[PDB]
Amino acid sequence: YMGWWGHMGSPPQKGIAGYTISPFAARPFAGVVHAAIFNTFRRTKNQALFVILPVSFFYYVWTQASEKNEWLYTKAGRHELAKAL
Amino acid sequence: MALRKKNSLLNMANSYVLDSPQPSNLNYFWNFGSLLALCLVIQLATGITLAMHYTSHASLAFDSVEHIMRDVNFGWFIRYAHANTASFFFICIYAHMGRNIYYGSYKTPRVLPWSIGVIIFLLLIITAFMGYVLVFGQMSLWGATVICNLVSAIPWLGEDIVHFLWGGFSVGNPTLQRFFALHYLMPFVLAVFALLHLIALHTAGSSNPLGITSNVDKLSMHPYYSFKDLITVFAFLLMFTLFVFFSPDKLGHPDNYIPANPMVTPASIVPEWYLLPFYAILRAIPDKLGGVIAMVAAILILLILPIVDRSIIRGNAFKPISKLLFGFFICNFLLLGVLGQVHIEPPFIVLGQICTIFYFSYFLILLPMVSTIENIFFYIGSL
Amino acid sequence: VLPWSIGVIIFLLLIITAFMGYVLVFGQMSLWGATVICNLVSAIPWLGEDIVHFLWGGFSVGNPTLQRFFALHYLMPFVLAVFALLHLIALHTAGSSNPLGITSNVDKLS
Amino acid sequence: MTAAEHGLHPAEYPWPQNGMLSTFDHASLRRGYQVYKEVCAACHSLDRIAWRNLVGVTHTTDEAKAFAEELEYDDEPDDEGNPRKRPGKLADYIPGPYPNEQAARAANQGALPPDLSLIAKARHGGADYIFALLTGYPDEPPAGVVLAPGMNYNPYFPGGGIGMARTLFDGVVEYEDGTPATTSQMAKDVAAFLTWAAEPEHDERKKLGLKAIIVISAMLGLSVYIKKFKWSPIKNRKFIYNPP
Amino acid sequence: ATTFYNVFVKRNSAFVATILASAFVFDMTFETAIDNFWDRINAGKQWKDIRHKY
Amino acid sequence: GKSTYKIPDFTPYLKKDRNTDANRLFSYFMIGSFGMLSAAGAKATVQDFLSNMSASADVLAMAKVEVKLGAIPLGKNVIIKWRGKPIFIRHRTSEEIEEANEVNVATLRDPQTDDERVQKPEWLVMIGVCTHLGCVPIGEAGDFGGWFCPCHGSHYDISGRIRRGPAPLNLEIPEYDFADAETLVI
Amino acid sequence: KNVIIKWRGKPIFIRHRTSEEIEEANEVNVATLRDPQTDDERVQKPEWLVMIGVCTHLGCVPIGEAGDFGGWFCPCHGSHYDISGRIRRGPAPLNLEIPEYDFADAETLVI
Amino acid sequence: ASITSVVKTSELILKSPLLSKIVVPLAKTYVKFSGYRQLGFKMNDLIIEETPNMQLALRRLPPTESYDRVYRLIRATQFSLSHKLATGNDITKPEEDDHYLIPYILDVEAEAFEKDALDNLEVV
Amino acid sequence: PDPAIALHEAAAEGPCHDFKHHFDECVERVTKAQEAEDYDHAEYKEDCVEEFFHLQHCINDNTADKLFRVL
Ligand code: HEC
Ligand code: HEM
Ligand code: HEM
Ligand code: HEM
Ligand SMILES: CCCCCC[C@H]1C(=O)O[C@H](C)[C@H](NC(=O)c2cccc(NC=O)c2O)C(=O)O[C@@H](C)[C@@H]1OC(=O)CC(C)C
Ligand SMILES: CCCCCCCCCCCCO[C@@H]1O[C@H](CO)[C@@H](O[C@H]2O[C@H](CO)[C@@H](O)[C@H](O)[C@H]2O)[C@H](O)[C@H]1O
Ligand SMILES: CCCCCCCCCCCCO[C@@H]1O[C@H](CO)[C@@H](O[C@H]2O[C@H](CO)[C@@H](O)[C@H](O)[C@H]2O)[C@H](O)[C@H]1O
Ligand SMILES: O=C1C(O)=C([C@H]2CC[C@@H](c3ccc(Cl)cc3)CC2)C(=O)c2ccccc21
Ligand SMILES: O=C1C(O)=C([C@H]2CC[C@@H](c3ccc(Cl)cc3)CC2)C(=O)c2ccccc21
Ligand code: FES
Ligand code: FES
């Protein structure tokens with residue numbers, strides 16, 4: 001499914017002209033400020049919910065469980081612990 | 001024709017590290033493969049070095065590790081480097097398996113490197129564990145007891161296998177010396193399998209974060225990914241340095257600095273941070289055999305991802321619903337990790353069971369269902 | 001020539017492997033053997049003598065030496081299996097020679 | 001678990017050695033050795049430390065030879081093969097108070113005083129735990145605590161009941177540097193000393209880490225410049241498509 | 001500046017020689033510099049600072 | 001969009017002085033700095049790491065071994081362990097000393113006279129490790145009736161000077177002092 | 001009190017059970033017990049609970065006096081043993097094994 | 001899963017009035033959030049092609065459609081590695097998101113599944 | 001004299017006054033409960049460990065830095 005240089009197995013390409021410049025001719029950090037601020041904000045915003053939703057949910061679940069556990073092993077939580085065991 | 005292509009030996013190296021055609025758009029999550037290679041090299045170097053100083057006899061093992069810390073020049077470094085890299089190895093390998101699950105690297109045509117990978121993951125667990133036992137501190141001895149008793153789950157012959165693996169009636173000198181032999185051996189087996197899964201991958205080439213073919217646009221492995229992999233080498237070494245030099249014991253259990261006492265097990269039994277997810281799984285199930293099966297199945301079930309992912313699209317970049325499901329799966333695997341280290345108390349007993357069910361239901365129910373529905377949403381949604 | 005030359009290195013590694021293995025018994029011949037081989041580096045001038053001490057990990061062959069020979073004797077065979085594999089891979093370009101020394105391209109057998 | 005069963009978690013004290021670039025205070029180490037020698041060594045061994053380990057840390061070569069030479073250690077048998085003792089040398093280990101575990105337990109109402117060479121690494125909390133424990137014996141156990149016989153109440157120890165009694169009292173040691181030997185001062189010194197005992201490479205380790213952090217930071221910065229530089233042809237690549 | 005390129009960078013033999021000689025200089029000076037810095041931030045703490053009493 | 005001779009706009013990235021030697025030199029400064037820190041780092045890593053194999057602190061304990069001399073009869077050689085290496089102590093007879101003082105120093109791989117070797121003619125003290133590859137020569141045997149290394153057949157003298165065989169140097173003399181006339185320390 | 005005697009490297013828990021402890025043990029209906037046994041089957045003398053103190057799950061040694069059935073609790077996977085050393089809660093499948101022990105005297109037992 | 005499966009199931013949904021009323025709006029939103037159009041892909045560019053069947057379907061594409069597919073993949077690969085999105089004309093507009101490949105793969109698979117079926121025929 | 005004695009007392013009367021009273025009340029209740037007969041044959045014997053730990057944890061937070069500053 002993948003070949004090697006010369007016969008990589010791309011469907012025939014025609015009509016794409018690719019241009020690039022030398023690494024020595026380019027500023028490697030051109031527009032780094034713009035990218036670091038605006039591009040990273042864009043990419044972060046677009047992915048934020050995919051991280052925030054499960055982290056916030058499982059942090060809530062952990063928080064509730066750890067608070068209950070703490071409370072069960074207090075004097076006030078004696079009775080509820082006795083029922084749990 | 002270039003020597004690197006002409007000469008059979010160079011040609012094999014060339015095909016892996018120099019001319020290897022890679023997709024041009026691999027992101028930083030493709031760097032874990034080389035970090036795991038670097039971890040494996042560090043572990044071999046520090047490991048073989050510790051083996052030059054360590055004594056496998058149970059009467060001397062713990063003391064030889066103290067001698068390494070105290071008397072051997074740079075012994076502290078070599079020991080902590082070995083111990084900490086074992087932790088980094090697992091961060092990197094979960095990252096690498098994470099990457100593979102998120103981007104559908106397990107799908108055809110890469111089921112073989114994936115499946116060999118699942119075995120590398122099991123071997124790493126057994127290697128790292130066998131290595132944990134060699135210290136012969138309190139956790140070491142107890143860990144040995146439990147792992148060697150997982151075969152007691154196997155009915156009838158089980159109990160006899162346990163005694164055979166201990167070479168005794170309990171974990172003792174015999175066990176420690178055979179763990180040393182095998183802990184030295186297992187990493188070379190693991191490097192074979194690591195190589196094999198690359199050879200299996202070389203038929204299809206790396207996947208890429210879009211999950212499309214990269215046959216249209218390839219880049220030589222060097223210089224592009226060689227230099228890309230250095231960034232993570234140095235980022236890894238920065239994190240390595242912070243642990244090894246500044247906080248070498250953050251990732252460790254205090255109890256392993258107590259010599260093994262077969263008469264007590266510590267009241268706070270908590271295994272290595274990386275085994276915690278499966279340990280919570282083992283705790284969750286209240287049956288002996290059940291608990292063991294579930295724990296092993298939690299790794300072996302990765303083998304079925306090629307089947308149960310019914311998507312026509314490779315990986316999750318373009319599947320909002322699958323990405324959310326994957327987020328919950330990952331967070332649940334971290335929750336299992338957390339529950340592995342709390343006390344076995346309410347309410348975490350029930351919670352650990354719910355997380356265990358969710359872990360398995362991702363492979364058995366949710367992934368097959370979500371992937372089916374998203375297929376339909378792509379087709380309907382684009383008409 | 002390549003499988004041959006890799007082979008010559010396998011031969012050296014076998015000598016070093018089997019030797020390091022001899023030393024692990026730590027009988028009389030073992031200890032003396034260790035002394036002799038580590039002192040072959042004493043031949044190397046100047047640094048040579050310091051190297052000897054570095055290899056022994058001491059002023060004489062003793063515990064440090066034996067533990068490091070154990071480590072390397074376990075290791076060396078896997079290195080030797082790599083080289084054994086490599087000389088086969090090198091040979092696979094030409095194929096085996098045969099007792100006539102003629103080409104066998106005319107008549108091959110699986 | 002209940003708080004009792006866990007032990008109170010020790011406060012985080014600002015030790016001299018906390019901080020990425022901070023060594024132990026060696027003066028404190030020396031003072032702490034003197035506390036170990038005059039209080040703890042009655043019951044606790046320090047088996048993994050040799051006299052030579054104090055040299056150039058807490059004591060000069062001569063002071064440590066003097067400490068070793070005061071003791072008798074097992075020599076090689078004499079020419080008739082009768083056992084002999086010799087005066088200690090710097091390579092000898094600091095000797096324990098007890099010949100075996102059973103003798104240790106006999107002297108401690110059944111409880112075994114652990115070896116202290118590793119105790120700072122062997123307990124959650126480390127220095128802070130040792131300092132909290134040594135200073136944390138209340139005059140009266142909290143009302144309602146029933147101590148097992150020969151146990152002393154100390155909240156920092158898990159379970160609350162520790163077989164070690166309070167041992168540091170103001171002026172049990174007379175420091176040779178004229179520092180006021182208060183319970184807190186001695187606990188801080190001995191805690192520091194024990195932490196050194198557990199991790200004697202600490203000072204070197206942090207210094208090499210500093211050099212490593214600097215080199216690795218620079219290499220990481222440069223590696224990123226070089227990666228961006230080498231990748232710029234690919235990042236900057238532009239396509240013109242004319243459908244055929 | 002051309003001159004500097006021509007001497008130290010153009011020939012790889014020269015460039016690698018320059019890198020290794022720079023690594024030698026860096027290694028020796030960095031060691032000395034960190035030693036002094038480490039002694040200043042941990043002043044009065046280290047054995048060398050209390051050794052004089054004995 | 002259409003013409004392939006209209007190169008896409010690269011002005012946002014193109015350096016004006018791309019063809020200057022200053023321009024190349026800057027990037028080679030970065031690559032060279034990275035090579036320099038890699039070289040400093042590699043050397044530091046290898047040096048520190050390999051030092052683990054050098055004698056550990058516990059091994060580096062020195063001996064100072066005191067031996068009596070009243071015990072040792074005339075015409076005998078003892079073996080005292082000192083730093084794991086054996087020390088040959090021979091109580092040489094008058095005629096043995098004479099035999100040693102005979103050989104013309106000229107014809108000796110390692111030219112030394114007994115006077116240089118011993119500080120007391122009646123106490124040949126040597127590090128009894130053969131200077132060839134490091135076996136311990138069997139005393140009284142030889143061909144120069146001193147010591148013979150059985151490993152590669154090198155013969156030492158009654159001064160412990162090498163006479164025949166591969167060994168290049170004469171048997172090393174430790175730093176030894178007669179504290180008393182009946183005890184030496186090594 | 002419970003002692004721990006090493007025997008074949010495995011620990012032996014010897015508990016000197018009080019009258020009311022024995023009573024507590026004799027209570028649980030045998031019906032509801034993973035491994036159904038009564039104390040009478042386990043001990044040959046009600047005042048000497050002798051067990052191989054290795055947890056029947058994976059093989060840690062349970063911490064005595066702790067638990068939820070106030071006997072022994074294996075800290076490894078949270079299995080609770082009774083005052084008979086019967087398993088009540090947690091993954092352990094069997095009750096704590098009883099060695100072959102004989103009272104030679106009334107004040108000494110051999111294992 | 002096979003494209004045939006996906007296409008038949010989609011057709012079952014588009015038939016049922018109730019189902020289409022609730023599913024078509026969901027699927028359109030899903031596709032907007034999927035965001036493959038923001039790299040200038042057509043939906044069909046994302047179908048896994050490393051399969052005998054798909055390789056055969058892709059060989060059946062008209063040269064025009066094939067060349068354009070190569071271009072969109074090259075261009076998307078370039079967006080991906082630059083971490084940019086398509087802008088302007090490179091963004092796939094809903095009207096350009098044509099199922100150019102679905103007819104070809106459905107024909108390939110139709111034959112492949114008929115072949116499997118007929119390999120298992122039983123003369124009666 | 002021991003700097004800790006003064007710092008602990010200061011922190012108890014000051015920033016940890018709430019927790020000092022809780023511990024005080026607790027001990028009063030428990031001692032009184034122990035004084036009452038047939039306490040030995042009760043099911044639940046109340047302790048003051050929890051309150052003590054709240055107090056000590058508080059005192060430690062307000063003292064640790066101050067104490068080490070005077071050593
Ligand atoms: C005369 C006895 C005695 C003296 C003096 C003594 N200890 Fe102990 N110590 C013990 C005993 C017994 C234990 C075990 C307590 C137990 O496990 O119940 C112990 C336990 C400890 C522990 C660890 C408790 C644990 O977490 O297991 C430390 C740390 C400790 N001692 C340090 C010291 C220091 C520091 C000193 C004095 C500076 C000291 N001890 C003085 C008898 C003593
Ligand atoms: C010693 C451990 C391992 C090493 C050293 C290793 C190394 C690598 C390397 C270098 C690659 C190619 C570059 C990359 O994609 O990162 C790779 C790819 C891959 N690895 Fe691993 N790997 C290891 C463990 C695993 C494990 C445990 C799995 C699976 C469970 C795995 C599955 C794969 C797969 C499926 C690929 C192809 C992914 C793709 O490029 O799309 N590997 N591995
Ligand atoms: C994947 C490769 C390896 C992994 C994941 C691994 C993991 C570990 C771990 C976790 C330990 C416990 C360390 C500790 O807490 O002290 C350890 C110890 C050890 N490992 Fe390895 N190891 C690996 C390779 C090797 C190799 C190749 C050797 C060669 C002998 C080796 C030799 C040792 C020795 C001697 C110890 C015990 C001394 C000690 O604890 O430091 N290891 N290993
Ligand atoms: C671990 C040790 C070695 C193993 C397992 C090994 C194995 C083999 C095998 C299987 C072959 C092909 C079949 C055959 O001709 O017998 C072979 C061929 C060869 N081996 Fe070795 N070999 C080893 C050591 C050596 C050494 C030490 C040399 C050379 C000094 C050597 C040189 C060769 C050469 C030149 C061939 C090609 C010979 C031919 O077929 O005409 N090998 N070896
Ligand atoms: C010296 C020739 C021997 C051939 C094997 C040596 C190693 C080898 O092939 O290296 C390659 C550099 C490889 N990386 C990749 O494929 C790679 C591919 C695509 C992207 C990236 N990165 C992205 O940004 C990559 O990093 C790698 O790290 O894999 C190691 C594990 C290999 O070790 C072995 O299997 C043998 C043993 C040491 C485990
Ligand atoms: C330490 C272990 C010792 C051996 C490890 C060295 C690297 C692993 C090589 C084993 C895999 C070789 O398996 C085979 O080798 C050949 C020879 O280059 C390679 O062949 C690859 O590159 C060549 C030219 O560069 C192409 O003609 C070919 O289309 C392509 O598949 C592939 O990698 C693989 O098809
Ligand atoms: C790829 C292999 C090539 C062959 C290279 C051979 C290298 C092996 C020689 C080991 C050299 C060690 O030599 C010794 O190094 C240590 C550090 O390790 C130096 O030690 C110096 O720095 C270290 C920290 O790095 C401090 O702990 C120490 O107080 C200080 O003296 C010694 O000054 C030097 O005597
Ligand atoms: O009880 C346990 C325990 O269960 C594990 C566990 C967790 C991970 C397990 C595992 C996970 C995955 C695989 Cl493929 C195989 C084993 C191995 C046993 C330990 O490592 C441990 C260490 C020290 C003391 C007790 C214990
Ligand atoms: O004196 C020797 C000695 O000289 C050799 C050896 C030295 C090196 C061996 C050797 C090393 C390298 C090569 Cl390439 C070939 C042979 C051959 C004989 C020994 O092996 C030996 C073993 C046991 C006791 C004494 C001795
Ligand atoms: S070893 Fe002494 S003669 Fe060669
Ligand atoms: S080990 Fe006893 S509970 Fe699992």
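Labels below follow one simple rule: chain letters A, B, ... track the order of the sequence lines, proteins then strands, and each chain is numbered from 1. What you see below is based on every heavy atom in this structure, not just the backbone, and it leaves out hydrogens, waters and symmetry mates. The displayed model is a subset of the deposited entry, and contacts were enumerated within the subset. Numbering of ligands and ligand atoms starts at 1, following listing order.
- Found at ligand 8 is the drug atovaquone.
- In this PDB structure, the PDB entry names the chief binding partner of atovaquone (ligand 8) as Cytochrome b.
- Other chains with any heavy atom closer than 4.0 Å to atovaquone (ligand 8): B, G.
- Judged by heavy-atom distance, the UniProt ubiquinone-binding residues in chain B that approach atovaquone (ligand 8) within 4.0 Å amount to none.
- Looking at the UniProt heme b-binding residues of chain B, I find a heavy atom under 4.0 Å from atovaquone (ligand 8) for none of them.
- The name that the PDB entry gives to chain G is Cytochrome b-c1 complex subunit Rieske, mitochondrial.
- Restricting to heavy atoms under 4.0 Å from atovaquone (ligand 8), the involved transmembrane segments of chain B, by UniProt's N-terminal count, are 3, 6.
- In this deposit, the organism assigned to chain B is Yarrowia lipolytica.
- The 4.0 Å heavy-atom shell around atovaquone (ligand 8) contains B:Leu122, B:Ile125, B:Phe129, B:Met139, B:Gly143, B:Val146, B:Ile147, B:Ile269, B:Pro271, B:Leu275, B:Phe278, B:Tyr279, B:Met295, B:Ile299, G:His77.
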